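Entry with tiamulin: notes follow.
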Amino acid sequence: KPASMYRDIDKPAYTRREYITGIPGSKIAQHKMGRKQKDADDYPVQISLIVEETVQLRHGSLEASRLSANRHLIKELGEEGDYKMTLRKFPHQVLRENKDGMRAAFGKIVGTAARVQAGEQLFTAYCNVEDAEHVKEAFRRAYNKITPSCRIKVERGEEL
Amino acid sequence: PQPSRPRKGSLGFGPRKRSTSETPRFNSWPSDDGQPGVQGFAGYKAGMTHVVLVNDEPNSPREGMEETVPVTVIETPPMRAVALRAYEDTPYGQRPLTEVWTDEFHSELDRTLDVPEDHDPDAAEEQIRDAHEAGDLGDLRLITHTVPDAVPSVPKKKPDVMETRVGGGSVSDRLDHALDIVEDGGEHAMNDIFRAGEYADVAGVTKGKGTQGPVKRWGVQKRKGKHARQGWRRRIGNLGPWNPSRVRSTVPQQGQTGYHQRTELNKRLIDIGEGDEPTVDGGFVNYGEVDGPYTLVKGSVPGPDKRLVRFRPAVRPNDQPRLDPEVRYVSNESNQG
Amino acid sequence: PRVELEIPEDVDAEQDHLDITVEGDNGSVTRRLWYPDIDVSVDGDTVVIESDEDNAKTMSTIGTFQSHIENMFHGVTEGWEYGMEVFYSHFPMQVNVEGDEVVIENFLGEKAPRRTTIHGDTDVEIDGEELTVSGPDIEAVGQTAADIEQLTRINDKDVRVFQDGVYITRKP
Amino acid sequence: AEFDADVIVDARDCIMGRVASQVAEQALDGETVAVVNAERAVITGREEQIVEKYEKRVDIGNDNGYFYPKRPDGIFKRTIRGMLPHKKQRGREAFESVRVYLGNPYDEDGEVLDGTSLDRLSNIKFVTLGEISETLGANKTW
Amino acid sequence: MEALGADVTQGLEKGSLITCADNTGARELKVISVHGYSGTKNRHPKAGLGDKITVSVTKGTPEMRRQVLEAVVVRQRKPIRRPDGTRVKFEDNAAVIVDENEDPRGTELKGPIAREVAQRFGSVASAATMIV
RNA sequence: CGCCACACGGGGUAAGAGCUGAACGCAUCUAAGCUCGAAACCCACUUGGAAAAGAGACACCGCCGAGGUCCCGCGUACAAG
RNA sequence: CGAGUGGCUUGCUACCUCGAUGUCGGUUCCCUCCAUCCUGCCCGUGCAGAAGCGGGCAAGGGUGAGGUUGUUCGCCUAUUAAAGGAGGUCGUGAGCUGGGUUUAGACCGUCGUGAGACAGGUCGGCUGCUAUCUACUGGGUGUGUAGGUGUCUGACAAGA
RNA sequence: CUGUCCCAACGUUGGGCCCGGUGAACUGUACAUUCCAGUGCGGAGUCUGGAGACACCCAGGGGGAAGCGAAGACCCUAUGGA
RNA sequence: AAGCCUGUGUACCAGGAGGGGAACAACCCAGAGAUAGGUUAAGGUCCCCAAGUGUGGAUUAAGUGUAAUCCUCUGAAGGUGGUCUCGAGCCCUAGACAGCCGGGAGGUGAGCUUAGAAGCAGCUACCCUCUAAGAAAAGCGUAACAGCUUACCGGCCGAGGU
Ligand SMILES: C=C[C@]1(C)C[C@@H](OC(=O)CSCCN(CC)CC)[C@]2(C)[C@H](C)CC[C@]3(CCC(=O)[C@H]32)[C@@H](C)[C@@H]1O
Ligand SMILES: [Cl-]
Ligand SMILES: [Cl-]
Ligand SMILES: [Cl-]
Ligand SMILES: [Cl-]
Ligand SMILES: [Cl-]
Ligand SMILES: [Cl-]
Ligand SMILES: [Cl-]
Ligand SMILES: [Mg+2]
Ligand SMILES: [Mg+2]
Ligand SMILES: [Mg+2]
Ligand SMILES: [Mg+2]
Ligand SMILES: [Mg+2]
Ligand SMILES: [Mg+2]
Ligand SMILES: [Mg+2]
Ligand SMILES: [Mg+2]
Ligand SMILES: [Mg+2]
Ligand SMILES: [Mg+2]
Ligand SMILES: [Mg+2]
Ligand SMILES: [Mg+2]
Ligand SMILES: [Mg+2]
Ligand SMILES: [Mg+2]
Ligand SMILES: [Mg+2]
Ligand SMILES: [Mg+2]
Ligand SMILES: [Mg+2]
Ligand SMILES: [Mg+2]
Ligand SMILES: [Mg+2]
Ligand code: NA
Ligand code: NA
Ligand code: NA
Ligand code: NA
Ligand code: NA
Ligand code: NA
Ligand code: NA
Ligand code: NA
Ligand code: NA
Ligand code: NA
Ligand code: NA
Ligand code: NA
Ligand code: NA
Ligand code: NA
Ligand code: NA
Ligand code: NA
Ligand code: NA
Ligand code: NA
Ligand code: NA
Ligand SMILES: [Sr+2]
Ligand SMILES: [Sr+2]
Ligand SMILES: [Sr+2]
Ligand SMILES: [Sr+2]
Ligand SMILES: [Sr+2]
Ligand SMILES: [Sr+2]
Ligand SMILES: [Sr+2]
Ligand SMILES: [Sr+2]
Ligand SMILES: [Sr+2]
Ligand SMILES: [Sr+2]
Ligand SMILES: [Sr+2]
Ligand SMILES: [Sr+2]
Ligand SMILES: [Sr+2]
Ligand SMILES: [Sr+2]
Ligand SMILES: [Sr+2]
Ligand SMILES: [Sr+2]
Ligand SMILES: [Sr+2]
Ligand SMILES: [Sr+2]
Ligand SMILES: [Sr+2]
Ligand SMILES: [Sr+2]
Ligand SMILES: [Sr+2]
Ligand SMILES: [Sr+2]
């Protein structure tokens, strides 16, 4: 289904699983990528993907933008490179779809989404100085699979 | 899914109304090539007969063999170029300036025109030469006229007058060529302008058919099958859709058929002669006995037997000239068999 | 901005409106140089291209006008030379100059001759297998040289097998 | 042939609409205006887009009609009509006392009203009305 | 195709039962299509003398029947026009079967042929009995 | 259902192939400039077209007579006109 | 996975019309759209040629005949350069047809105690009106331009 | 077997068109020479903007007046009828 | 999703003129006895149309735009050496950036692998002479050599460059 139906934030906070039943599980597999044994402070660089517009991105759009994003870091830095990527958001917002007529309008449960406010970091990678232009490219591919226009911000890195 | 089909009838010869002048009026004239001369002649249609020829085309495998070709007999008696007209180049097109007239007129030319008694050709000619010197002189045309009294089969004695262009040489030498024909009496035959075997353009007003329906007029389908017995036979399906809530002028409707001016292109002149060689036994149907100056035009020609037709050297020919064909046999058999 | 161009001893350039005519021992090249707020002038013996504005779009043309003048100077002194060599594989191609147009016959086995036209004054002269396009107006020469190569354009088949045609060998 | 004009205007290198607007204003004041050298008039902008707009107006029409002039003669005369209430009493009399001419049928040179003139040395993107007319389908009679 | 050297008035239609003027075992032939012809809305595809037509065998021998073979229109009832102005018409409407290279499927062809079919399909002519 | 006739060529483009050419010393088909390039666009050609209110031009004839209408005999015309 | 255009399908809504805006399919006749099936000119190629494949420009013209079925759709045959798709009250019944849907008659199957029912099948089963206005096709009579005849021009208009 | 069709043609009689006489009706809120768009209760000759448009009359075939004709038989509703 | 269904607060339409918005119940000004003079509001001043072709300044080259709100006026994700303004680090008359020329050397074809590999198949190393430079060779190229360049030095040039 087109994300045009769920991208906007207009429905109330519908997250309480003790009231909602038959919720489809997360399509996302890994929230912590790279070398999760090493710290984020052991890295000189911290480049994040900032969302410009206040959206509601689905678990499918999250998995897809995480996949081709991490798959560039596995391609360019190897299967065990010197990096650690992270997706700090989690899909809590349960979605509906009415599928009769308008009689009994409350739709059945179809999927999950994450409420992302403007200015927030969806993804945050921590890499080395030489591997930086590979991550600014892992994020150029990642923003094409989510709904908004994005900023790639360097939070640690005067090495240019 | 509603099979395609081209619209019924042409939308170029519009509107299909009655013609103003029964005498054809050209709107296009040939390009200037060599020798200065008149760009057109005129005659009266006589009828049809077949003629046997020798194939002139070098591209055809029939080159040299006998071939039967249909021919329209048109009597073309000598015309009189009674005047010369000049056009000044105005920002509004080509507007007329002045006319140079004669002294010797035809005994029965006062049946249509107000024949001049006191005219000044000299100073009018001066105005044309001053306009030529100025550089604003456009194209020079001659006021031609026919001699219907020369044709015994045509009841009309009242001359058909029409304008004809002169071109070929430089603007100076053709103005003078024109003036030279005029000062004599203007007598000119078909031999003067046309040579046999050449391609000409015959313009004529068609046969008058009165008011005819869509089927005949625009060649639309008659109602087919079951739809033919319900009370509708020669009437069309509809005058148009719901919206546009108006009937378009493009829809095949009833009206006046015939008496339209047509300019039939690339007509080959098969023979130009004099006497009684193309005449038919018992005379031509609804016309009469041909004896005198004529032309033999290949195929058909617009209009009925007795109507005035006009000639012009082909503005758009496809094949290269094959002058003077070997005309072996011309038929004389009666058209009443 | 302003750029002052020194005109050589063999060269003489005259101005009439926005038109520049450059005369010399090889010929006369007339050109029309026009663009917003740019004015070209002759300060006795120097060509001055000056405009009050310094924006990139204007700087693009001031630069283009300089190379249009500098190259007109070479046109009237030494001249422009483009060298061409006719190439054929199976068919005996004939390239003959007829009037104010260069003609190519029997190209790839065709009955119909392929004819272009010589732009302006330009001299196209053949020495057997070679051809040398020459003249003062680089605009006419470069185009007459191009017109010749382009006249043998084949889009219908593979150009890697069908390599027949005149090509440009020497670029000035 | 003969027109007793109060004001005679020269359209040479003058921005069409701006001239038309001052000619329209004056027609309503009770002046007999005569626009001269219409072929030598001008319209600012990309040639390719100005032509598309004018070519479309020639394609537009039905059985009722929509006659749009091609000749630079009438193109000026119709733009003036678009600035005058030509369907009212007053507006018809004012429009009919304004005629546009190709070249100059008079001896007296026409004046160039203030603000209407274009600077060719400062501009390159414009078109001549006659250049539009040759592209529309007219015959160069000027 | 190559000119016939005569103007024809198409005497056949699609679905038209014509004769098979040969020894192939085919007696009656039924026209299906006219090679190279494209019509108009509401028109039965017309066939004439000297046209390569697609045909199906109506009457004949068990092995030859129900076959879709190509043929050339040899004879027709509707008058055709020779250059000398004379019209020519035949007794019946007949055709001879042909192959890929336009050679007759048989050996001996029955009845007269037209001299115009000779120019085009010469391999049928150099097998013809009578030529008119 | 028979027979006759129904372009070629130009002009400007599109996609496109290119030339001179700078911003950007080079390069670059493009930003200024230019040469080419579609059955497509304008012209050509055919038909209408003084009611085009800027309501047109020329030649002649006549303003006490030019010319037309009626009338009469009929069609190359025609439902009345 | 994301971003959209369209208004041809379907669905949703119930704004419009219940003192009636006649159905489907077909037909006839006219204008149009381009998201191009062919034709024109082009780009790439896993472009030798040949026949293709994929893309660009482009709506001038063309895009046909038939077998089953009421069919739209679709399957099928043979021809063709190709046998493109869509809009115009799902164009068009004061034009046609009336095969299908959807009256009153009757049969079968299913359900029903029964009358009777069926978004199951089937046979039979009607098509009103003299055009006022407007619209366009053609035909006249007046007025304007301001005496007569003949010849033209060309703003524009149509075409494939 | 054939004009049902390909594909339409000519002809015949009564009309149809003009003249004498006779002489109705359906329909009519008003205005009304329209067209292209737009707007409006979302389907305008009449609103907005343009375009076009000299008046009257003859014949026509019926695109439009959501044409004329019938207080929808469908559908729902009524504390309706049979 | 809706010119959707259903609440709530409020103002308005219904039952509200007049002015503006092209037309348009509800958007803006405005609530309005008659008549009259005057100044304003919303909105607007090139013409149609009352009032500026007003002033100082910059941008835009697409007719973008000339469309407050809207079913109604669209335009998105992505892309942009179109162009304008601004800041930041670094290089530069000890001559930068580019371009053109010149040089691009020997020990030495590194060694191993291998019949062979000699800058450039693969493994590992990746070392020092001459000099103003010159890699155990970065990119192409060869069956391999060869050839062409690339790092790197010099010259020409001359101003900002990245
Ligand atoms: C009968 C009304 C008919 C003639 C046809 C009608 O169709 C129907 O109403 C469905 S039932 C049709 C058959 N009808 C008898 C004719 C059953 C009573 C149909 C098509 C619609 C669906 C309803 C509206 C409509 C007018 C507009 C229209 O399309 C018509 C009515 C007002 C029309 O009078
Ligand atoms: Cl029918
Ligand atoms: Cl029109
Ligand atoms: Cl008005
Ligand atoms: Cl400019
Ligand atoms: Cl077929
Ligand atoms: Cl109040
Ligand atoms: Cl515009
Ligand atoms: Mg006879
Ligand atoms: Mg006989
Ligand atoms: Mg090929
Ligand atoms: Mg059919
Ligand atoms: Mg009711
Ligand atoms: Mg209706
Ligand atoms: Mg396209
Ligand atoms: Mg079209
Ligand atoms: Mg419909
Ligand atoms: Mg209807
Ligand atoms: Mg009906
Ligand atoms: Mg049935
Ligand atoms: Mg039935
Ligand atoms: Mg009726
Ligand atoms: Mg009921
Ligand atoms: Mg009851
Ligand atoms: Mg109320
Ligand atoms: Mg004012
Ligand atoms: Mg816009
Ligand atoms: Na239900
Ligand atoms: Na009837
Ligand atoms: Na209808
Ligand atoms: Na403008
Ligand atoms: Na028009
Ligand atoms: Na061309
Ligand atoms: Na949409
Ligand atoms: Na819908
Ligand atoms: Na129908
Ligand atoms: Na098309
Ligand atoms: Na079918
Ligand atoms: Na309908
Ligand atoms: Na129907
Ligand atoms: Na009916
Ligand atoms: Na009959
Ligand atoms: Na009607
Ligand atoms: Na109130
Ligand atoms: Na108002
Ligand atoms: Na605009
Ligand atoms: Sr909501
Ligand atoms: Sr996005
Ligand atoms: Sr249809
Ligand atoms: Sr004439
Ligand atoms: Sr004409
Ligand atoms: Sr009937
Ligand atoms: Sr309507
Ligand atoms: Sr003013
Ligand atoms: Sr180009
Ligand atoms: Sr007049
Ligand atoms: Sr398009
Ligand atoms: Sr094609
Ligand atoms: Sr349907
Ligand atoms: Sr089906
Ligand atoms: Sr029925
Ligand atoms: Sr029953
Ligand atoms: Sr049923
Ligand atoms: Sr009057
Ligand atoms: Sr009638
Ligand atoms: Sr101003
Ligand atoms: Sr609307
Ligand atoms: Sr954007």
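In the text below, chain A, chain B and the rest are named by the order of the sequence lines, each starting its count at 1. The structure has been trimmed to a portion of the entry, and contacts are counted only among what remains. Values below: all heavy atoms of this structure, side chains included; hydrogens, waters and symmetry mates excluded. Read the numbers this way: they start at 1 and go in the same order the structure lists the ligands and their atoms.
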Just curious, which ligands or chains go with tiamulin? ligand 1
Would you let me know which chain has the most contact with tiamulin, using the name from the PDB entry? 23S ribosomal RNA
Using a heavy-atom cut-off of 4.0 Å (strictly under), which other chains touch tiamulin? G, H
Tiamulin: other ligands/ions under 4.0 Å: none
Identify the covalent attachment point of tiamulin as residue and atom, or report none. none
If you draw a 4.0 Å sphere around every atom of tiamulin, which residues of other chains have a heavy atom inside it? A20(G), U21(G), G22(G), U23(G), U102(G), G72(H), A73(H), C74(H)
